[PDB]
Structures are given as C-alpha cells and as structure tokens.
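Drug halofuginone bound to macromolecule Bifunctional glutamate/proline--tRNA ligase.
Below, chain A is the first sequence line, B the second, and so on; all start at residue 1. Ligands are counted one by one from 1 in listed order, and the atoms in each one are counted from 1 as well. What you see below is based on every heavy atom in this structure, not just the backbone, and it leaves out hydrogens, waters and symmetry mates. Recorded method is X-ray crystallography, 2.0 Å.
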Amino acid sequence: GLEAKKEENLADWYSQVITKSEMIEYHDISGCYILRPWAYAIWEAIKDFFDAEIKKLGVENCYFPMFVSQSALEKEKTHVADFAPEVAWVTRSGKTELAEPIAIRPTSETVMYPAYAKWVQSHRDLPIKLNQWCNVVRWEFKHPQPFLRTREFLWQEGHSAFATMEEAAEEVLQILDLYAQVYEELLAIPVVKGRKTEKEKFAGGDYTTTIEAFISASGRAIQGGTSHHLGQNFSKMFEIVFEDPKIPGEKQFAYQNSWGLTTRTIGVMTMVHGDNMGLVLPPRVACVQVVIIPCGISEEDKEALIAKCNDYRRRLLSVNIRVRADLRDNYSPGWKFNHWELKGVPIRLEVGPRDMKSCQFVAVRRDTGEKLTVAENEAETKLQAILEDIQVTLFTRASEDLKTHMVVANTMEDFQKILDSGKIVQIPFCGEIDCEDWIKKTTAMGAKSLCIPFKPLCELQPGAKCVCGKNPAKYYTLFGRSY
Amino acid sequence: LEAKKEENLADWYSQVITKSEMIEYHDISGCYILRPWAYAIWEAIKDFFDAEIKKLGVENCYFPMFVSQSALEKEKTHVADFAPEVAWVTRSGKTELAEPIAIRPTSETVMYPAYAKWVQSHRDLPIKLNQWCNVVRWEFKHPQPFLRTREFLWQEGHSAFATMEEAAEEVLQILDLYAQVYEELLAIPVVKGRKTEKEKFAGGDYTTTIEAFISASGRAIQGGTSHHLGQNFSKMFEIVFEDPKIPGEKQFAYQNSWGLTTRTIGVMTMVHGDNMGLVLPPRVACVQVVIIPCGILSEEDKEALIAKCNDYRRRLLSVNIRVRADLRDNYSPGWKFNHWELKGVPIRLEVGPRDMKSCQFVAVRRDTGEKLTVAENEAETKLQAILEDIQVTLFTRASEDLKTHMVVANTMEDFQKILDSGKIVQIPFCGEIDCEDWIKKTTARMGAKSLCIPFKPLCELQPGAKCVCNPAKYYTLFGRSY
Ligand SMILES: Nc1ncnc2c1ncn2[C@@H]1O[C@H](COP(=O)(O)OP(=O)(O)NP(=O)(O)O)[C@@H](O)[C@H]1O
Ligand SMILES: Nc1ncnc2c1ncn2[C@@H]1O[C@H](COP(=O)(O)OP(=O)(O)NP(=O)(O)O)[C@@H](O)[C@H]1O
Ligand SMILES: O=C(C[C@H]1NCCC[C@@H]1O)Cn1cnc2cc(Br)c(Cl)cc2c1=O
Ligand SMILES: O=C(C[C@H]1NCCC[C@@H]1O)Cn1cnc2cc(Br)c(Cl)cc2c1=O
Ligand SMILES: [Mg+2]
Ligand SMILES: [Mg+2]
Ligand SMILES: [Zn+2]
Ligand SMILES: [Zn+2]
C-alpha cells in the first residue's frame, strides 16, 4: 500500500514508490542502491534498443579496465581539477600499500585514448567507434538520490575517432537523436535537444549537446544524456595522429566524440509517470505488459478458471505480448491487484467465474484506471490496442506538462516570476559566463543554464537584448533549477 | 606469428591475443583491455547462458560493487587467507574515508543481508538471482590474459530454496550449462566432478566443477564452479522463515551459488589456437564467414565484383550465417587472408572475376586450411555444412587430446611418471587433507593438486582398494594446474 503523496512530500513518495515496486533496495554505503530485477529489467530494455541502434552506425562493444593509474588520470588536462574530490582511490590490497594509488573510473577517456593513440597508425585505422556498458564511480557532493544521483551507476559510454570534423559532427547529432528516442519513444518522456553554454559545456570538448527533461513535482529540470564533439582537444593531448595523405611528413589530429547515458533514465521515468498508486511503466519498456489475475473463490470449477487464465496467457505470448499469469493460491486477488499496480504493470487482466461463463474479461489500464469489459475473442487485438494507447497517453500527458512548465520570457522581472512558480523558461541570452553567474546569483535555489535549444519556442527579435543590460542576445536559452 | 605454440607457449599466447586484436595491454599489472574481437566472444557466451538460466526462473539484477568494511567482516563468509586479495578504497580525492570500502571480490556479503530482509515467509522462496558484473581480486599468482586477471568479468548466480532437493537439482543443472558453454559453444571437452575437502569452497556443503585440459602447458584449469551451500550461509545471515504448520521451528533457506568468467576465452584460445593464430569455433565466431574480393578490370567490372561479394553476404545473412564482406580497397587480398586467419574466422570466401564467370567461389576452412571450389548455387547449404563440420572437428581433436592425456594410475611412482610426461591422472584417494598436502610436495620434488572427483571416473573403484597414501573413497583426478 502506497502511503505518501506525490504533491506533498516528494522525497517520501519517491522512496516509497521505488521500494514498494521492488525496484530498489538500500545499501549500507551512501549513494549506492541495489537494482532488483524490476528495476534492472528496464535497464535491459533500454540497453537492447540503444545497443541495436549504435550497431547500425558501426559502433562496436568492448570493455576497458575499471582501474586508472595515477599517471594516466593526471597525465593531461582531460578534466578540470574541480573533479578531483569525486575520484575514489584504491591505495592498498589487504594491508599492503600499493606503490602507486589507482583510481576507479569516473569515465574512461584516460584509459581509452592512450590505446586509441597506439591503434591509429595510419588514415586507414579511422574511424574507431567503441562503446562499453559498464559501472562508473563518482564521489558525488550533492545529496544522493536513487537513480538520479548515485555514487555508483551503470551507463554506456561511446568514444569515436574520425579523420574529419564533418564525420564526427554527424555522429554527435545521430547519438543525441537516439537518446531522444530512448526518452520519448521508450520511456514516453518528452525532452528538449540543445547545446550547452560556454560555462556549462564539457571543458574537454568543443561543444556539448544535451537532452533535458523536466520533473514538475520537483520544479527541477534534469540532464537526460550527453553527446560531445571533442574536436581535436583530446587527440592533441594523447597524440592520436595520422599522416596527411597529400602532404608528406605532416601530422593530422583525429576528430573525436564521446557520449553517455545512465540508469538516471529509470528515475526520470519514475518521477515523470509515477502517481499516488505507485510506479507506472510505459508498455514499451514493461517486462510484464499484462498480468492475469483469477478472481472469485468448486474444486473442478477452480481448475477451469486456471485453465482459462492459462488460455489467455498462451494466446498473448503468441502475439508477442509480455504476459504474466499470477496463479498463486497463497495470495488474494486484492493483494495481487495492489502488488502489480505498485509495480506499474500497464494492464491487469481480470478473470472471474461470472465473466468466464459469458466468454469475456475485464481489462484495467494502469494509467487512467479505466476498466473495460471485452469479449474473449478479441483479447489479442484489444489488449495490443490498449497497450499502444497507454504508451501514447503517457507521452501526451507528459508533453502537455512540459508545454505548461516551459515558456518564454524576455525580461529579468518576468523571468524571476516564472521561475518561482515552478517552471523553466527560455530567455534571450548573451552567452557570457559573467552574465550566467549573475543570473544564478540574482535568482538565488539559483537558476542555471540547461541548454541553448535547437528549436526554440520563439525566434529572436531583430536586435533583441540579453536579460543583461550591456549585451545583445545571441540565442534563446533554456534556464531553470536543476538536479 | 613469430613464436611457435610447442616451443614458447607464453610468447605464442601474447602474440595470438594481440595480433587477433583481442587484447590490448594496460598500465596496471594483471589488467587487460578487451577489444571488440574478444568482447564479442563473451557476448556470445552471455547470450547463450542468460537465455538458459531464464528458463530455470533466474532473474538478473545488479548489486553494488562496494562492500563496507563491517559487511565484509560480518560473518565467516570466506577464509582469512583471502584477505590480501581484497582491494580497498581508502579516500575520495585527498580526503581519507572514515571507514575504508572494499571492491567486490564476490557478492555474498552484499547479497545475503538483502536475502535475509526479503525472506519473510515461505512464499518469498525461491530467490533466484544472477548478475553480470566485474570483480576485483588482487591475485598473488602469475596473472595471464583471460585465465587469471586482477579485474575480470563474470556472472554470479545466488539462489535460495525452501528444500535441499530443489537446491541440489539446480546445482547440477548449472554445472551442465557450464559444460554446454565449454563443449557445445567453445568446442572444449570438460570433466564434471566434485572438489575434495581441501579444494571445496570452505563455507559450502559441496562444490562441483568442470575441469578442462590445456595440452600445451600440460596443465588443467577450472572452467566454472557450482556450489551447494546448504544452510551454512542462511544460518549466518538469518535467511529464515517459519511455517505455521510446523510451529516453533525456524526453517533456514537452502542456498547455492555459481560463477563463470572471461577465463572461458583464454581456454578457447589455448585449446584451439595454432601457429597461424586464433581459431574461432563457429558457434561463438562473431564473423563466421569473411568474403574477400580477389584478382582486382574496369571500374564497372570492379563494381560488378563488389556487387557479387555483396550478393553472397545477403544470401548468407538470409540463412543466419554471421558474415562480413571485407571490401576495403586500401589493403590487398593477401593482407586480408592473413588478417582474418589471425583473427580465426572459420571460413574465408574468395571471389574473383574468373569465379563469377564460372559461377563458383573458393571457400577456405581455418581449422584445416583445406581449399574448396563450390558451385555458386550451393553457397547457403555448403557453407553451413562446412561451419557445422569445423565445430565438430575442433571438438573431436580436443576430445581425442584430453582422452590421450588423462589416464588411470594406481601407485605413487606410476602417478609420478605419467604426470611428468605432461598428463593428468585419476588415482585412488582416501579424501583426507593431509594426504593431499603430501602429494603437492612429493610431486614437485611445480606440484600436483587435486582437480576433481569425477562423477563418471574412467574405472570403478573395487571394494577394498587402498589409497595411494587409509582406504580409498573414490578415484580422484590430479594434475598440475592454473
Ligand atoms: N551521479 C550520477 N548518477 C547517475 N547518473 C548520472 C550521475 N552523474 C551524471 N549522470 C548522468 O549520466 C551522464 C553522465 O555523463 P556526464 O556528462 O559525466 O554527467 P555530468 O556532466 O557529471 N552531470 P552533473 O553531475 O549533473 O553536472 C549525464 O548526462 C547524466 O544524465
Ligand atoms: N583471477 C581470475 N580471473 C579470471 N577468472 C577467474 C579468476 N579466478 C577464478 N576465475 C574463474 O572464475 C570462477 C570464479 O569462482 P571462484 O570459485 O571464486 O574461483 P577460485 O576458487 O578463486 N579459483 P582459484 O583462484 O583458481 O583458486 C572459477 O571457476 C574460475 O574458472
Ligand atoms: O564524463 C565526462 C565526459 C563524457 N565522458 C564519456 C561519456 C559521456 C560523458 O559526458 C564529464 N566528466 C564528468 N565527471 C567527471 C568526474 C571525474 Br572524478 C573525472 Cl576524473 C572526470 C569527469 C568527466 O570527465
Ligand atoms: O567467490 C567464491 C565463491 C562463489 N561466489 C559466487 C560466484 C561463484 C564463486 O565460486 C570463492 N571466493 C573466491 N575468492 C575470494 C576472494 C576474496 Br578477496 C574474498 Cl573476500 C572472497 C572470495 C571467495 O569467496
Ligand atoms: Mg557530475
Ligand atoms: Mg582464486
Ligand atoms: Zn547577458
Ligand atoms: Zn591418501
């Protein structure tokens, strides 16, 4: 039974939803959480989709070491020194001090790029396109939250190297679109594609692209995934070079990208679609789409009810519906109703003795709570149609929620007003770091830049000025409070 | 390849794994990069094993890599001898942690306290969980790519049951799946058995194992492990329930655990690899057939030759053969032949202009080097037949190799002579630990350890037969080992 209310105490609601749905168990180490099968199945679904898509682009999976030597991690300016407090260091095996401390990967640039340098011995060795599914550790300073901000997390990280900037540029947007597909088509979460400002972009790259989602309940936006064009920044640092085809004796530096997406996805799904009855799973990622529960309780008559439930589950597996028959005798129908509702199963298939004799059943959709009596003969078609509509409804409702909470403002006064109402807002922005710092300080709790959107809500007025008082606007920029 | 397998195994192994593009070396000792060619084998193993354990009702999950100091030391989960293998995180940045944190060497200490919370009644059992994850053990022993690494990839399955019998059943089901991984996928013959008292997992009831033999080394290697833990861990962690029908009695869960690692790939390499390089069993080969255009004619004709190679690719994909067309024009056919030979692609398909005009192609088997001219129309049928034959060929060769190198001995001196010829030996054994300590010392004066007590030993132990030492309990496989 879900106790807490989403609009009252979000922290309590979230904790209750992730535990009662059997997604998460708490660990004795801060910021670490056990991913039980219910949570892990969602990651496997995201993985199956994304992996097949990057394979089509020619990306190959690999596995690089988790340990990075002190030398390698600090070899070059791969990361700003401000990341130092996030690195977890192994310093001994048993009671025996290691000659040099070793770091647990916070990301794999420093481990992969020296290998890239060895492997690139001519123009013929490019492109290199590698991905790995692995765990990552960062000793996060912010309050830890299951999925959203964890000390250990699962991710994929892709790292590509090309001869030309144009090849690289294409991939950045192709991957970002895949991330947008993960959120919008799998998880039914609308996102805003954009580029990070000078201040917020990855310091090791030329430009950073991002997808941003919004969590209404929190009044906070969240970065869903990241895709960088690194340019020649890392290839100059690690000497990833090839001979110029036309001119003898000239070095050419490889163009590089990196991109990543994490189990944060599941938290966003939870925060966006979850209600006061628990988790709500988009049909596309639900490992159980339909749960069959026998209702009502002769000895031979119960055998026939079970047989009908088994008939429904056999037929549903025939049309590639992911179905579970909960034929357990140790649990009451009521318990089961609640159990699978908390777990967010899109459709409950109720079979009673009364409905069975009328050659019919009841379909209860998780999202709206709507109950539909349908005839037995149309089980395959109707249930597949309801699953499709649940997926559409979840996306539609979240889209209207984003449309409501993301508006335009052109002055600092209206900006403050809209941000304090629990919304994010697109403002004319000069792009300066000075001004961005100033925006953060004045609104503080303080609003941060999220992205410069690819497709802003409004076009910029001819000669429009920044929310500042000294500079013209370069672009509409999405600002808000964030995770 | 510069080195030869029969003279310098270590040099050969290093050359095979690098020139097949499986492994790159890292600057941390005992840590190796798995490039795509290696990682694809692991994905193939994963795909098979994952599907099979799902059929048994096992679900995947992910438990944390970090084990708190207090959790690692809470119960007698592992012997004290393991302590030096534990890698400890002691600081974040320059800030020392109040209490140090261990990296997962295995997950009992993180999983079993969760199992104890999750089991509130009989209806909470069985629990059947698996994770695919990385593990760290600061190995004192000589590290080798795949076979013995400081970081490795594995699956660990941990199950809890209401009854001993359910648990006992799963133990042998999992060991058979490991045998299938070796025998059916990687074409490696293995010996199923129980570990001796000295060699078993200390806290468990009994340990079952699959042992493989690497002829080049004259050394055996454990391929996978499946333990019945009985109620030993459930008593420690309080994984308990009470049955209302049996009032006043605590029912401790019966547990198993089991694991298999990337060592698999190293065994495959060591067993099937030759002096031309890697040899991939077709069942795990991510590229089963490579199509190479030869004898390259106008651009129009070159286009036609490429289109023919592409037509073979589509036809092969159509019958579920994993195929690649190496259509790169920066390299010669001769360079490609060698390149894919080194990578152990089972079949090379040669297509030249004369072949097109004749309606034929050339297929070359990696395992034997046999070159066959095949009628164009028979491509799907013949190449599938050849792939099936390569797999059988590899398994037969390896099977005949084990059978030759595993024989029965009945005395300490016969045992010694056979062992020193680079073989493994089934001997009458009493079962006592001290006797096994004695054997390891005597055989060295590079000693021989117990491998397993085979489920189906070569010879039946006659009543009243004495140990090589006490009367013998069973024939036991012994040998030099990784
Ligand atoms: N501690 C964390 N736990 C879970 N997911 C995370 C965490 N940190 C980042 N992510 C997500 O995973 C991706 C990690 O790539 P990265 O670009 O390194 O994030 P980041 O720049 O550190 N973000 P932030 O820490 O919010 O400033 C991001 O796009 C986030 O969606
Ligand atoms: N360092 C390693 N690298 C790769 N594989 C390993 C390593 N250690 C063990 N394995 C394999 O993975 C399984 C790990 O389970 P486990 O029972 O912990 O091995 P173990 O008893 O430590 N073997 P050993 O180290 O030879 O005494 C074993 O069956 C081995 O096949
Ligand atoms: O991790 C990145 C850059 C990109 N790496 C590959 C996948 C996608 C990802 O956006 C930014 N980043 C974030 N956090 C970090 C924390 C530490 Br500690 C270090 Cl050393 C380095 C970093 C660091 O480089
Ligand atoms: O890891 C095991 C027992 C089993 N665990 C689950 C997967 C299969 C595996 O055989 C034996 N073992 C091996 N090596 C270890 C190293 C260290 Br360090 C520790 Cl703390 C503990 C252990 C330890 O328990
Ligand atoms: Mg961060
Ligand atoms: Mg060991
Ligand atoms: Zn400004
Ligand atoms: Zn003896």
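The location of halofuginone, copies and all, is ligands 3 and 4.
By chain letter, the other chains having a heavy atom closer than 4.0 Å to halofuginone (ligand 4) are B. The binding-site residues for halofuginone (ligand 4) (non-hydrogen atoms, 4.0 Å) are B:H78, B:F82, B:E85, B:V86, B:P105, B:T106, B:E108, B:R137, B:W154, B:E156, B:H158, B:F201, B:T225, B:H227, B:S257, B:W258, B:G259. There are no UniProt Zn(2+)-binding residues of chain B with a non-hydrogen atom under 4.0 Å from halofuginone (ligand 4). In terms of N/O distances under 3.5 Å, halofuginone (ligand 4) is not approached by B:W258.
Under 4.0 Å from halofuginone (ligand 4) lie these other ligands or ions: ligand 2 (phosphoaminophosphonic acid-adenylate ester). At a 3.5 angstrom cut-off on N or O pairs, B:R137 counts as close to halofuginone (ligand 4).
Here is the list of halofuginone (ligand 4) atoms found below 4.0 Å of a heavy atom in B:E85: 16 (C), 18 (Br).
UniProt's ATP-binding annotation for chain B and the heavy-atom shell under 4.0 Å around halofuginone (ligand 4) share B:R137, B:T225. Atoms of halofuginone (ligand 4) found under 4.0 Å from any heavy atom of B:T106, numbered from 1 in the order shown, are 1 (O), 5 (N), 6 (C), 21 (C), 22 (C), 23 (C), 24 (O).
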